[PDB]
Visitor: 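This structure holds paromomycin. Let me ask you some things about it.
Residue numbers begin at 1 in each chain, while the letters A, B, ... track the order of the sequences. As a textbook-style caveat: the illustration shows part of the entry, and contacts are counted within that part alone. Below, each value reflects all heavy atoms present in this structure, side chains not excepted, and no hydrogens, waters or symmetry copies. Counting starts at 1 for both ligands and their atoms, in listed order.
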Amino acid sequence: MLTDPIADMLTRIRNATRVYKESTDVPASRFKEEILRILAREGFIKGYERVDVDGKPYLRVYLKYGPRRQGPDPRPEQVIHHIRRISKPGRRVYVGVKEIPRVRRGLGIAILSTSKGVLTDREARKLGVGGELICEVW
Amino acid sequence: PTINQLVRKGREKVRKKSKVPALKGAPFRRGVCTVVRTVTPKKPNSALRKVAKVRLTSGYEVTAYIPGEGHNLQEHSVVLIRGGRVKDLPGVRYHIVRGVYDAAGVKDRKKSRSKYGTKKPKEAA
RNA sequence: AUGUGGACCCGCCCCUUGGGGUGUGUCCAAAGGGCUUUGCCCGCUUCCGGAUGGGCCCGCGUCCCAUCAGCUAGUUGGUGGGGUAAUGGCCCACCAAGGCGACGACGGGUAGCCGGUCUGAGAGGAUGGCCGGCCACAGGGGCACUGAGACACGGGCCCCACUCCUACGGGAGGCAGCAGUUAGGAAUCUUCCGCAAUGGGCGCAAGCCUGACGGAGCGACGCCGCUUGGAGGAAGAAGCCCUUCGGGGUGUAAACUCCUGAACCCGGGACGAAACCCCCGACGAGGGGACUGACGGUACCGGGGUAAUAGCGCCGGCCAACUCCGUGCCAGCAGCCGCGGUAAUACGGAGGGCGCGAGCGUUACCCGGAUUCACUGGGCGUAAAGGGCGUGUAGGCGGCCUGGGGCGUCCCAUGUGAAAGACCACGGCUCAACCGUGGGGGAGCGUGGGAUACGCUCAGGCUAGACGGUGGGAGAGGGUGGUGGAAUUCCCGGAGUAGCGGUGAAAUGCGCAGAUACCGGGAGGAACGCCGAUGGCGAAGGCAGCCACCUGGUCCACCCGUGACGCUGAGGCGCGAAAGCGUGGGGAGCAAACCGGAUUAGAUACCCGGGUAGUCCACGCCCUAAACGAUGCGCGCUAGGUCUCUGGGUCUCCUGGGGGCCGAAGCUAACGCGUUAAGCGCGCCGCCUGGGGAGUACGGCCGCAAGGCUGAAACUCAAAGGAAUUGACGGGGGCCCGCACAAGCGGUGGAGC
RNA sequence: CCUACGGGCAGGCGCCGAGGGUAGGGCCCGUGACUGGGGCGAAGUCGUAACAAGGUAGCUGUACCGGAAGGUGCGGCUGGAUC
Ligand SMILES: NC[C@@H]1O[C@H](O[C@H]2[C@@H](O)[C@H](O[C@@H]3[C@@H](O)[C@H](N)C[C@H](N)[C@H]3O[C@H]3O[C@H](CO)[C@@H](O)[C@H](O)[C@H]3N)O[C@@H]2CO)[C@H](N)[C@@H](O)[C@@H]1O
Ligand SMILES: NC[C@@H]1O[C@H](O[C@H]2[C@@H](O)[C@H](O[C@@H]3[C@@H](O)[C@H](N)C[C@H](N)[C@H]3O[C@H]3O[C@H](CO)[C@@H](O)[C@H](O)[C@H]3N)O[C@@H]2CO)[C@H](N)[C@@H](O)[C@@H]1O
Ligand SMILES: NC[C@@H]1O[C@H](O[C@H]2[C@@H](O)[C@H](O[C@@H]3[C@@H](O)[C@H](N)C[C@H](N)[C@H]3O[C@H]3O[C@H](CO)[C@@H](O)[C@H](O)[C@H]3N)O[C@@H]2CO)[C@H](N)[C@@H](O)[C@@H]1O
Ligand SMILES: NC[C@@H]1O[C@H](O[C@H]2[C@@H](O)[C@H](O[C@@H]3[C@@H](O)[C@H](N)C[C@H](N)[C@H]3O[C@H]3O[C@H](CO)[C@@H](O)[C@H](O)[C@H]3N)O[C@@H]2CO)[C@H](N)[C@@H](O)[C@@H]1O
Ligand SMILES: [Mg+2]
Ligand SMILES: [Mg+2]
Ligand SMILES: [Mg+2]
Ligand SMILES: [Mg+2]
Ligand SMILES: [Mg+2]
Ligand SMILES: [Mg+2]
Ligand SMILES: [Mg+2]
Ligand SMILES: [Mg+2]
Ligand SMILES: [Mg+2]
Ligand SMILES: [Mg+2]
Ligand SMILES: [Mg+2]
Ligand SMILES: [Mg+2]
Ligand SMILES: [Mg+2]
Ligand SMILES: [Mg+2]
Ligand SMILES: [Mg+2]
Ligand SMILES: [Mg+2]
Ligand SMILES: [Mg+2]
Ligand SMILES: [Mg+2]
Ligand SMILES: [Mg+2]
Ligand SMILES: [Mg+2]
Ligand SMILES: [Mg+2]
Ligand SMILES: [Mg+2]
Ligand SMILES: [Mg+2]
Ligand SMILES: [Mg+2]
Ligand SMILES: [Mg+2]
Ligand SMILES: [Mg+2]
Ligand SMILES: [Mg+2]
Ligand SMILES: [Mg+2]
Ligand SMILES: [Mg+2]
Ligand SMILES: [Mg+2]
Ligand SMILES: [Mg+2]
Ligand SMILES: [Mg+2]
Ligand SMILES: [Mg+2]
Ligand SMILES: [Mg+2]
Ligand SMILES: [Mg+2]
Ligand SMILES: [Mg+2]
Ligand SMILES: [Mg+2]
Ligand SMILES: [Mg+2]
Ligand SMILES: [Mg+2]
Ligand SMILES: [Mg+2]
Ligand SMILES: [Mg+2]
Ligand SMILES: [Mg+2]
Ligand SMILES: [Mg+2]
Ligand SMILES: [Mg+2]
Ligand SMILES: [Mg+2]
Ligand SMILES: [Mg+2]
Ligand SMILES: [Mg+2]
Ligand SMILES: [Mg+2]
Ligand SMILES: [Mg+2]
Ligand SMILES: [Mg+2]
Ligand SMILES: [Mg+2]
Ligand SMILES: [Mg+2]
Ligand SMILES: [Mg+2]
Ligand SMILES: [Mg+2]
Ligand SMILES: [Mg+2]
Ligand SMILES: [Mg+2]
Ligand SMILES: [Mg+2]
Ligand SMILES: [Mg+2]
Ligand SMILES: [Mg+2]
Ligand SMILES: [Mg+2]
Ligand SMILES: [Mg+2]
Ligand SMILES: [Mg+2]
């Protein structure tokens, strides 16, 4: 039935990027959109947009890579090197603000759902809150 | 296993098995020699290895190795056992400690003297 | 007797579990002593309040075995009593029929719990010794008395066991207080000094008691601090060791020269001690006064002063340190790998070297390394590991939109987290160890306030999941009944005659009671040739002549219906090849066992000839497997190409479902996998944790039995494994050579020499 | 026995009761005549099952048989080589 739509979304991204796709659709959810917003603001994706696929709500998601590279294998560096669920149906992970982790000494994000909305670690730490630790992206 | 599975079952802590009933772990146990035999090794070794079957205070009758150049042990000898298998001799899991009770320490031993239990010699010292 | 008051019953207010108040009625107090003696000091009574200490109850937390699965009859609740300071099945009478359990009851094992301690990057693991806190115990079992408080270590009673006294009637005793003795053991201290300090009991006080305590004694048992000297001092003594015979080492090390001066001797000499008490003041505040030291003639200060202890382990690799001799698979070393069989850096000694140093090694135990129980942080195609398959219970997990609640979650404030210990300052002992002061953290839990993204929940909505409807399909899916032809055996008939059969070769065997081969007829049993596939169907096992009936699944088209109705699934229940079992049929062919013949050194086999169970049917058991894709189920996501089975379309081509092959990205130890993943992700289940012992023993469950499921330990090894590499080998393959054999001609083996 | 005549004390009976006994159940250890296998130990005996088509492909559940490895039946697997 699809147990974790967020893990799904993340993985669609992980997969499309590994073959340098220009875009992926992912079935649309408000929650999903909020995570993308962060994702876009932080420059992991180009951006995203609502669309209908067989007349059903998706979110097309424009991916984004490095430049062409030199020697053998000139496949671009990836912008999303790593993207990975934390909290999951099997095992939710919640943090207080004092235990929000520093992802790759801050060269990476952690998206994070709080009662003051979905936030990155920095946004949420300055806003002084914690909550469900959704995923870490570097 | 899944998390739900760990929650239901958990992991199992691994019990470590004693190599040595000098009974209660106790670092040394005193006994009385019974047979002071010679035994041949196995595997790829050859020699005539000196051995005591020992009745212990701990209740156990066990076989122990008599280390050192040569020894002074006969059939009622009374000795301290220490643990330390011998490896070429099967079923020999303990050594006798030399220098204690009726196991005299090794004479003529200049080097590693404190194992073998032989006091400081006195010519250039 | 007095009753400030308090207690009880009844009532009434307030308050809400038995908390305050109030009104009749009843009931309850007391002790005296001392004086520097008319006014104080110590006491006594009742009441209310505080302080301290406790009892009871509750939430949460607190080890191993499920090879302990069901436990309970004061049991569970109730009404009324009793008992208590007090609640309560704490106890009792009666009533009801209850209580607990896989979220692990009941049972067994093991253990005092904690603050802490050790370890670890942390998470975690181990631990509860000193010190502090709580419990429990006082030779073993019970019991109550007294009392604010005990069911009372040095109080009482009784029973039990042991020791001592005994005039045999009876008694006495309880070091898990301080010392100390003995026994056990690898092993654990003085029958010391003192109440001077701190604390404790009684006392108006003086004081008395205090093995609490403060000290000292003994053990390198640990930690810290310090000594065994310091500066000169040779191209370099001797001795010992190497040597390529030239030289090298020990080595500034020593001898020797200055210098300092642990030990030891002389002198002074503590802090810890100001209070209790007495005097002035008032017996209060304040002031004055006197006593008091176990440690100890110690610490510490001053004068003098002697060069004055070094050991243990290691030197093959892991690991820092190499040579000569001795030794010859011996003696021995050995943590693991392994050394030793005449040149051993591995054994023993020497020299030399490395490491620590009043210590150094050993054994034992904990954590570490071990991401080797993996939460952080592992795995299951072939290495250990996917349950034989399903159905589905509990449980776990759950698509999109809106609103309510705020249980999880997050935030703020606050109470709590004692002391010690831990972290950081600054201080005290010459330092440190040890210690004083101050600061800082700190999981967890309580109370009040707030947030609402996600999780939960309540209510509402949707249609992408799921299910359903209409129409169309392919199929060895299953069950029952029927039926067809070929073949084998047997029986009858004809014709026919000397063998058939069988093997490497044979023989046993069958055949003149006429076999074999051939034709005709009949009986029966079992199995379905071509089609047939690299095919199809089923969840697995597994399913194949044809027909009919009954019946399970599943695919496509329309996009009509319901509205998250979903996934997974411990246990349960069902299915489950062959062999095997029971009862009863049946029995052609085949065929364990068995009876024979060959072969062979032997042949309890391979080959041949017989042949019973069985193989077949029905019903009932068994429940296993190389039950294999050796690959759990479900869902989403990530190039293609090619062949095939089966739907639909606008039928060159497009679009579903299924079976193969090659292969993107990617993964893999490799082999390989690769939209039919072993790729990328989520959910839920099952399983693994070195090899052998062992799928054994024990126990339980099941079974008619055979057996099946579950499943150890002792002991023992340093591997056991997987994939791939190079070879080598094959009574594997292909290609090919050589007087290798074949074709030839002459020899040797015989005789003499 | 004491009494202020209210009662108290002795004493007696009873319930509970440590422990004791008898019969039946269970559980834990010892010790054991006799018996079954197992590990380990340079150079003992019989064959040769397996590894190369191991000279009968192997392995496997099961059933029977046999000094021993094993062999045979039936069914399964390829984790069999040779075209
Ligand atoms: N072992 C192979 C199979 O694992 C299967 O399930 C597992 C796999 O599907 C998958 O595991 C993946 C693995 O596929 C793939 N090779 C990559 C990944 N490392 C693994 O993931 C797993 O392990 C990592 C840690 O290594 C975890 O962080 C992660 O959460 C966990 N899913 O997710 C499951 C997690 O164990 C089935 N159990 C069975 O088919 C078989 O056991
Ligand atoms: N509380 C005041 C004093 O504090 C001390 O606590 C402190 C000291 O014990 C200790 O501090 C000192 C440190 O300050 C000083 N700068 C260095 C010294 N190594 C530390 O000492 C500590 O550490 C070492 C090793 O860990 C050990 O000797 C021992 O654990 C302890 N002495 O750690 C704490 C913080 O510095 C005492 N433990 C305590 O008995 C005393 O009261
Ligand atoms: N072939 C018939 C079918 O087989 C199944 O089972 C039946 C038969 O197969 C089975 O065997 C029959 C038997 O009926 C009858 N009493 C004896 C007869 N010889 C048998 O005959 C059948 O089976 C055997 C098996 O090889 C053969 O003869 C042949 O294959 C077939 N005709 O016995 C069952 C009933 O007696 C199904 N039950 C049914 O569909 C149908 O009878
Ligand atoms: N190894 C334990 C088990 O039992 C047997 O193994 C034991 C005996 O069979 C085997 O015996 C062998 C023998 O077969 C072989 N042909 C001759 C050899 N001398 C024997 O050797 C045995 O005995 C000698 C004394 O004679 C010992 O020195 C030696 O340790 C041991 N290997 O040696 C084993 C010693 O344990 C089976 N081989 C095997 O099933 C299984 O591994
Ligand atoms: Mg994608
Ligand atoms: Mg908090
Ligand atoms: Mg050797
Ligand atoms: Mg009054
Ligand atoms: Mg009165
Ligand atoms: Mg009551
Ligand atoms: Mg105990
Ligand atoms: Mg660790
Ligand atoms: Mg503990
Ligand atoms: Mg007692
Ligand atoms: Mg008590
Ligand atoms: Mg006493
Ligand atoms: Mg003794
Ligand atoms: Mg005192
Ligand atoms: Mg005092
Ligand atoms: Mg000097
Ligand atoms: Mg001088
Ligand atoms: Mg070295
Ligand atoms: Mg040595
Ligand atoms: Mg030599
Ligand atoms: Mg060595
Ligand atoms: Mg040596
Ligand atoms: Mg670990
Ligand atoms: Mg893990
Ligand atoms: Mg592993
Ligand atoms: Mg395996
Ligand atoms: Mg399977
Ligand atoms: Mg299911
Ligand atoms: Mg369910
Ligand atoms: Mg949801
Ligand atoms: Mg809340
Ligand atoms: Mg504290
Ligand atoms: Mg200082
Ligand atoms: Mg709180
Ligand atoms: Mg709804
Ligand atoms: Mg005929
Ligand atoms: Mg099959
Ligand atoms: Mg519709
Ligand atoms: Mg509707
Ligand atoms: Mg069956
Ligand atoms: Mg059968
Ligand atoms: Mg039968
Ligand atoms: Mg035969
Ligand atoms: Mg035959
Ligand atoms: Mg036959
Ligand atoms: Mg496949
Ligand atoms: Mg396909
Ligand atoms: Mg492929
Ligand atoms: Mg094992
Ligand atoms: Mg291999
Ligand atoms: Mg090879
Ligand atoms: Mg020739
Ligand atoms: Mg001749
Ligand atoms: Mg009485
Ligand atoms: Mg032996
Ligand atoms: Mg064979
Ligand atoms: Mg062959
Ligand atoms: Mg063989
Ligand atoms: Mg063979
Ligand atoms: Mg078989
Ligand atoms: Mg046979
Ligand atoms: Mg077979």
Visitor: Provide the full list of ligands or chains for paromomycin.
Guide: ligands 1, 2, 3 and 4
Visitor: Which chain forms the chief contact surface with paromomycin (ligand 4), and what is its name in the PDB entry?
Guide: 16S Ribosomal RNA
Visitor: I'm mapping contacts for paromomycin (ligand 4). Which other chains have a heavy atom under 4.0 Å?
Guide: D
Visitor: Give, by chain and number, all residues and nucleotides of other chains with a heavy atom within 4.0 Å of paromomycin (ligand 4).
Guide: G39(D), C40(D), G41(D), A42(D), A43(D), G44(D), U45(D)
